[PDB]
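Just below is one structure, and these are the notes that go with it.
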Amino acid sequence: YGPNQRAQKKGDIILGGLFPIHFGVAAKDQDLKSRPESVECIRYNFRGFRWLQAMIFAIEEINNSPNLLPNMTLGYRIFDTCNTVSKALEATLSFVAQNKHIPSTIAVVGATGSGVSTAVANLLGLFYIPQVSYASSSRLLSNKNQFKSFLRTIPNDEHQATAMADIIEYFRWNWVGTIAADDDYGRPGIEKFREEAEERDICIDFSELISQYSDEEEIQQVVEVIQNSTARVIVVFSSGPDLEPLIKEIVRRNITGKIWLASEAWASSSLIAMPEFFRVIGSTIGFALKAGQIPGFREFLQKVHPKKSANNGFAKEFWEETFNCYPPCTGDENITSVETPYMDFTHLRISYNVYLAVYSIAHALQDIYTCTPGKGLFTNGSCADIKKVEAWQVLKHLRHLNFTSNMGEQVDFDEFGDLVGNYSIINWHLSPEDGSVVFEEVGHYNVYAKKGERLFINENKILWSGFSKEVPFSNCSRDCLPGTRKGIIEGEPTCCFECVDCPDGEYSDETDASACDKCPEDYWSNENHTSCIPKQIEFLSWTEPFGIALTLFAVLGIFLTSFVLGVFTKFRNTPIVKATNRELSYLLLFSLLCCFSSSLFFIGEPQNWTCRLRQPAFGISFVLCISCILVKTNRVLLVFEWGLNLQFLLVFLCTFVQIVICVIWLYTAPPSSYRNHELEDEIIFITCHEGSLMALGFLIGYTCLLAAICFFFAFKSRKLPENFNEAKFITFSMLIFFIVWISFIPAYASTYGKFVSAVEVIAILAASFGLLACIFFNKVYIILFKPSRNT
Amino acid sequence: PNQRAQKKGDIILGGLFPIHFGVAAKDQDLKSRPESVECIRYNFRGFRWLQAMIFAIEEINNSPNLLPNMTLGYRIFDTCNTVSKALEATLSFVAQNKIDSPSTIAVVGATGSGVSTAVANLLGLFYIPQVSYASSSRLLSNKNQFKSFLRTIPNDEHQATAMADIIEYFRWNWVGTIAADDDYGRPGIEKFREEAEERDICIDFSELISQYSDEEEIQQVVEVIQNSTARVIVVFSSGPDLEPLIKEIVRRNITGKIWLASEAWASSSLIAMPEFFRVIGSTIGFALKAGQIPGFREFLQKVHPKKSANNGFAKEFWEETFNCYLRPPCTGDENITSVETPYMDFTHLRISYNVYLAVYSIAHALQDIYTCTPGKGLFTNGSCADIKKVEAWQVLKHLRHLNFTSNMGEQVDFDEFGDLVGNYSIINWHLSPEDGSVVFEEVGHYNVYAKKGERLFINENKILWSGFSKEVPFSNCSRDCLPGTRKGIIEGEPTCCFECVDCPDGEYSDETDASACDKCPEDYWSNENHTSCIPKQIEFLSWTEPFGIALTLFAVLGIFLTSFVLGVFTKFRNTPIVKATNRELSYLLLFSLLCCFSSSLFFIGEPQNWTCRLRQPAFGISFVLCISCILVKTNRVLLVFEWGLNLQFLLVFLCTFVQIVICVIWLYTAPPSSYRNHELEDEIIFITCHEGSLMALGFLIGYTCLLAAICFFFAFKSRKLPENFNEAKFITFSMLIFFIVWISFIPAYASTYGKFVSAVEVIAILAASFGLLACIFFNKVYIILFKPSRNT
Ligand SMILES: *[C@@H]1O[C@H](CO)[C@@H](O[C@@H]2O[C@H](CO)[C@@H](O)[C@H](O)[C@H]2NC(C)=O)[C@H](O)[C@H]1NC(C)=O
Ligand SMILES: *[C@@H]1O[C@H](CO)[C@@H](O[C@@H]2O[C@H](CO)[C@@H](O)[C@H](O)[C@H]2NC(C)=O)[C@H](O)[C@H]1NC(C)=O
Ligand SMILES: *[C@@H]1O[C@H](CO)[C@@H](O[C@@H]2O[C@H](CO)[C@@H](O)[C@H](O)[C@H]2NC(C)=O)[C@H](O)[C@H]1NC(C)=O
Ligand SMILES: *[C@@H]1O[C@H](CO)[C@@H](O[C@@H]2O[C@H](CO)[C@@H](O)[C@H](O)[C@H]2NC(C)=O)[C@H](O)[C@H]1NC(C)=O
Ligand SMILES: C[C@@H](N[C@H]1CCN(c2ccc(CC(=O)O)cc2)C1)c1cccc2ccccc12
Ligand SMILES: C[C@@H](N[C@H]1CCN(c2ccc(CC(=O)O)cc2)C1)c1cccc2ccccc12
Ligand SMILES: N[C@@H](Cc1c[nH]c2ccccc12)C(=O)O
Ligand SMILES: N[C@@H](Cc1c[nH]c2ccccc12)C(=O)O
Ligand SMILES: *[C@@H]1O[C@H](CO)[C@@H](O)[C@H](O)[C@H]1NC(C)=O
Ligand SMILES: *[C@@H]1O[C@H](CO)[C@@H](O)[C@H](O)[C@H]1NC(C)=O
Ligand SMILES: *[C@@H]1O[C@H](CO)[C@@H](O)[C@H](O)[C@H]1NC(C)=O
Ligand SMILES: *[C@@H]1O[C@H](CO)[C@@H](O)[C@H](O)[C@H]1NC(C)=O
Ligand SMILES: *[C@@H]1O[C@H](CO)[C@@H](O)[C@H](O)[C@H]1NC(C)=O
Ligand SMILES: *[C@@H]1O[C@H](CO)[C@@H](O)[C@H](O)[C@H]1NC(C)=O
Ligand SMILES: [Ca+2]
Ligand SMILES: [Ca+2]
Ligand SMILES: [Ca+2]
Ligand SMILES: [Ca+2]
Ligand SMILES: [Ca+2]
Ligand SMILES: [Ca+2]
Ligand SMILES: [Cl-]
Ligand SMILES: [Cl-]
């Protein structure tokens, strides 16, 4: 006969009912020293009584409506579960009694716990009795090979975990921790969330299991792992009662920084949503089912009375727990005078599910009632009769039930027995009028939209941590700027890293970089390694300051030479001084002008033209000059041997020799004007590799031997003072030439491109200048100052 | 139910065994009234288990001491591995208590964690002891919900720990998981995921299966298995819930993986088939420890459908064995020893022993109830119960405090969670050479009593991989990191597969699998392979150095020449024939030159503050002395312009001090610093000497050069006064050589590093002073060695 505290009402058809009027049982572990007696449940739950009242109201409204099942009445045998499996199981045993004078229940609306409903459906489905639950939302109840006769008016919990992952990815967090009740409601949900979050590149720090029967040390361990971690977001998948101990311990230890992502079961629970817990838990964003509309329901709630309820048996205990009677009292108080979750509501969510379940079973019964004897759902097109209806026929009609909810909706269960709905997203607020926690809706989750466009959050209503209004930071490691790269911290997950600076020559312009990048050769990483500033190029320039000095020196040399040439041109036909060789004079002067001009080739970038011309350019020009001044010496060879052609002919041997060398590189290995940087790695010199070294040596040596013979012959006879004994002058000249080159070799041996070229040009320009000077200074002086030209 | 094994007695036990493997797959669309479902495939192992229970019961009934005059009856049913059959059997068990709101006292068995949960939810309602023998889920240890559930099989958390330990023992880190979607696979796989994740082991994929998943789910699972690179696959499932996946695997011929079997299917007969074995090679599984039930086999060899009225399962057993009918009509004369079945083709009793132990434990609980004495009982006030009217909760209370010895001499004692622990044997699938059946050879041990870390013990010499090879396959996400490289993140992949990037020059990485390169200190530099660093190159002139050798020999030759000429004078040193000049000035100049030369001693090795801060000013003073001496050497027309010739000495001993002045300044203002510098080479450390005070060196050098310059001007302007070979010209040419050398040598000092800088400096000095000495003496020495014409 089941328990004695129950709600009961007769009728042709009887429906079952399991509601959590209490919260749990008295935890007195029977040591079995005596016969174990029936355990007792302890706490009270006004929400559960609201649900039971909703079911009773639905049945009464069905019995009152004249169209749905006329000339037939609905009865019920509603029991209490106290949220435990033992009570539900004894109740269901009282249900299926007559199967194998007692009424035979045809349908069961209840089992609000996914652990409770599992154990109930295991037993009901053995007799094929339809069980229409309203609040059990575990996914395991979708295995229609196990629970053959289980339907539910509440959506499955897959979309809830998906929505949790979507919310976490929307605020751009990647470091969270998960808590789930060690039950059939938290385990599968947390596993689904784990996979959905790992596929979205989200890292999970810790994962713990709790329960209302967990001892104190395990709660200590959980609080420790919560405190010892850096994750700010905590995804809780549990119900009110199985969460209350952890909340009490967290309030006692005063952990304040975290953010709670509430699941639907406890996001609106009065056990948790109280101010003293609110000050500590801070910000909670949770889900909620869609509201309902049961017109005329409040006026039914306001009529509950202990004496006017013979059918209802829990009304007495309700009166007691709400007024503390039997301190005996009157029984004529007002339910509106005290504030309890009973009528302190604005949106009916689970009560609407109970209403809908009762109405769906009534509609299946009507469907069986309005049959046509030819188009039935059973074998041979036959159909069943409502006077001897059995449970399996009602199950058959429920599987194919498809009707219209008074809100103008379509109600029809899937092939997995469940419905589907679109969640509201609420965020906990503190009412400035009362102090109580009030749930304000801030977002929506439509599950029909395509994957990726389902969530809609209105961020300006979310109140963060009570005061501030910017999204808190809950990443593992700080995201560091461009110029740096991620660096593995071994042991830690893929979301936690250090970041190391990029070396020079590599850059990174992106945030969250995986590696730095080498830029092309003529580019180089800048001072912040964020962008390769185009590199600089090494060579002498014309606007260059020291290049300016050099070029002005060259111009002055040419000016002096040409002006002296013109001054001669005054006396150019007064052989008074031209007792020397006129043509040799002009030739030497022009050779010097051109050698000077050669410096044109050392002030800018070398194209093959520039380099391979300039170098041999000096060669020929200076060699001409030297040979000319040399032949300027006494005619000893002429004395030893058809016009003076000889003199010209003489020079026009030596010259060719070196012109010879030029042509060789013209077709063997001409110098290469190319870019070189390997010795600087930051700036690219533009140098000119010698075409054939030893052949340059040969050239220079030939020239120096010509100069050396000139030197020897000018000195050895340097003491024959003819017209101021220019032997000595030219000797001193050739020696200056020697010394300059000598001393300047080192620099050429120990320097890069730029100053190498600069020193080379200085050397040449100045040496030729000195030659010209040493040869003319005296003569010009005398023929400008002492016009004593008779001998 | 109708078919059952029933025997009467004073005390009744219950049993639940999977005689069949499952029910006939047929979906009732409920067009008609549903009827009793039927079971399809036979299970000889379950029948051996049932026979073990019956054998234990009858043997206890035959013992004189254990339950002396009592009698044990039993009512054994079949679960068909489904929940509905078990639940209707249970409803048949609790009929006596159900009528409150043939009473059994205890039930032995569920065989399945789902069946166990569904049964214990109902049995714990009446406090009836349920002693399972194979239910190994961890959810049944929650004694707040399953009050009266005891099991004689170890829990399955140690099994997940053992699997993680095996994986980290064979050095794998890229694995994948498969689980049955029931109360046995899900908790085990979650526990293994935790245990692996804490050991830094990666899990590539994670799937769920069941015997009811249709072709598309299995195809998606096989796609996930194939499109991955993990070789090791852990499987937490039973035989039936794994058979479809195995069929699909053997059809698609996936033939590369390594299977880590859980206990349920490691020794299963549905999976251990020779045809499946070709593609499921290299199977490594767990097993319970063997038992000894003496006299069991002979009891098995007596089954017969006629002489078994208590047992009812014998008829279908014979029909399934001989494939007969009681199509060809059957006859009770066959030989159960002829056909080969999982019934009698066994070698170790592992789950039959658990049934034996469960029955014996219930018997010993009843015994403890029986040999109790008043005042020493366990119930209220020390009171004790009567065995002739024993109730279920009393046997439960006695079972919680049960402690006895097995037939093998071990201590059976249920933990406070109602489960006794045991070791694990570790087997590996082999192929029998004779017939061809799969043979399970024991290759390892797992002791749960040893401390964490030294529990596993594998014998590598017996494991054979893939049938032919004998080296452990490679199943890592990425190949290892060789020395000289470092790990590099791939943005999307998990932590255990990376890339290999090279350490830059200046950093090395000797360790394998290094997360970052290390920079060697100031003294060292990376190798070529960036493996270890070697010391950075030092930079300075050395004495054994070749060019240092050339320099030092030049210095020695200079000193030799000077000193030899000094001695040659010493011959004529008192013949003022040539000494018409100033004797003492002569000696002073010669000594100054010898010492300036000797100064070169300070440019051939590393500078200590001594060396640098002495050498530099060393040249200063020595050469300045020499210059002033030769200078004063010119006739003092200034002296005429101006008590002994002290004046001359005094003269010089002004100028000198000036520069000695400068020295003392750096002596206490900023003396040069002999330090190491490398920033311009980064590979070899020069050992240079930063100037103490630059502009003051400039002042010093300038003072010296102005002295030289006045000497030059005065020697030339009068360079045409040929007194004793007009040495005015000689000394002028000298001072000019000095000038030219310094001029031309400035550039190198301006454009070079340490080493050749010092070398050029020393060359310059040495040679210049040499030339001075020469230009001043060559002629005079020549004449007084060759033309001794000294009269005027
Ligand atoms: C925490 O880490 C995540 C990445 O794991 C960051 O999310 C990125 O945010 C930027 C800016 O919106 C996006 O461009 C990226 O696409 C995001 N990454 C991914 C994978 O979507 C997040 O910004 C970090 N949190 C903070 C405060 O910076
Ligand atoms: C799913 O959430 C969405 C959000 O409103 C609801 O879909 C809307 O319903 C109304 C009426 O059909 C339309 O005006 C909107 O256009 C719909 N939005 C979209 C994107 O289609 C819907 O009501 C929710 N699901 C249920 C069963 O109510
Ligand atoms: C599990 O672990 C070992 C088996 O390897 C058993 O301990 C050994 O038992 C024998 C005899 O009992 C001793 O001689 C050894 O010294 C033991 N070895 C160690 C390391 O202790 C142990 O008995 C097994 N546990 C059970 C319940 O059988
Ligand atoms: C696969 O990855 C693991 C992870 O390191 C490697 O394990 C290492 O193996 C060497 C050799 O014994 C050990 O010295 C290391 O200590 C191990 N690493 C860790 C963190 O324990 C393994 O070597 C890799 N597989 C192969 C074939 O190289
Ligand atoms: C401008 C100069 N040539 C310069 C530039 C190219 N050449 C050179 C020398 C040395 C090295 C490296 C080394 O050996 O250390 C590389 C190049 C020396 C020149 C012009 C005309 C006639 C010359 C007659 C005689 C010497 C020079 C002459
Ligand atoms: C050995 C030499 N001193 C050398 C070495 C140190 N000093 C120096 C010069 C220039 C720079 C950098 C720059 O300005 O480019 C750095 C150091 C020049 C010396 C010895 C004795 C008397 C001297 C009298 C006059 C000049 C030199 C004298
Ligand atoms: N889905 C919840 C049931 C539930 C929904 N809302 C609730 C509110 C309070 C308690 C329980 C619930 C479960 O599986 O347990
Ligand atoms: N322990 C398994 C059942 C099991 C163990 N060993 C077995 C051998 C054969 C069949 C089933 C089993 C479970 O929890 O369900
Ligand atoms: C709890 O922690 C917060 C952190 O600031 C602090 O403000 C508050 O005073 C603490 N309250 C108690 C009771 O410790
Ligand atoms: C309760 O008492 C009466 C009867 O219900 C009602 O009119 C009254 O408004 C209620 N009291 C309050 C404070 O609302
Ligand atoms: C049944 O479902 C269809 C569409 O699915 C809808 O048109 C109809 O209104 C539903 N109800 C009935 C009674 O057909
Ligand atoms: C199956 O896989 C194995 C290994 O690749 C190969 O030898 C064999 O040919 C494949 N096909 C069949 C039918 O076995
Ligand atoms: C047949 O039964 C008996 C056992 O007593 C014996 O002849 C023999 O063992 C059995 N046959 C075979 C092949 O074992
Ligand atoms: C259990 O039995 C053994 C053998 O009598 C004994 O050693 C032990 O003390 C007993 N009690 C416990 C708690 O083990
Ligand atoms: Ca309930
Ligand atoms: Ca990923
Ligand atoms: Ca609640
Ligand atoms: Ca780790
Ligand atoms: Ca079973
Ligand atoms: Ca099996
Ligand atoms: Cl509600
Ligand atoms: Cl076995």
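The alphabet sets the chain names here, A first, running in the order the sequence lines are given. In chain A, numbers come from the PDB entry; the residues present are 20-119, 134-359, 392-706, 718-867, in order. We number chain B the same way the PDB entry does; the residues here are 22-122, 136-360, 391-706, 718-867, in that order. If you check the header, you will see the structure was determined by electron microscopy, 3.2 Å. In each ligand, atom 1 is the first atom listed, and ligand 1 is the first ligand listed. Computation of the quantities below employed the complete heavy-atom set of this structure, encompassing side-chain atoms and omitting hydrogens, waters and symmetry-equivalent molecules.
By its PDB name, the drug at ligand 6 is evocalcet. Contacts with evocalcet (ligand 6) are greatest for the chain named in the PDB entry as Calcium-Sensing Receptor. Under a 4.0 Å heavy-atom cut-off, the other chains found next to evocalcet (ligand 6) are B. Applying a cut-off of 4.0 Å to heavy atoms, one finds the binding site of evocalcet (ligand 6) to be B:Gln680, B:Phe683, B:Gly684, B:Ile776, B:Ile821, B:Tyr824, B:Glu836, B:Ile840.
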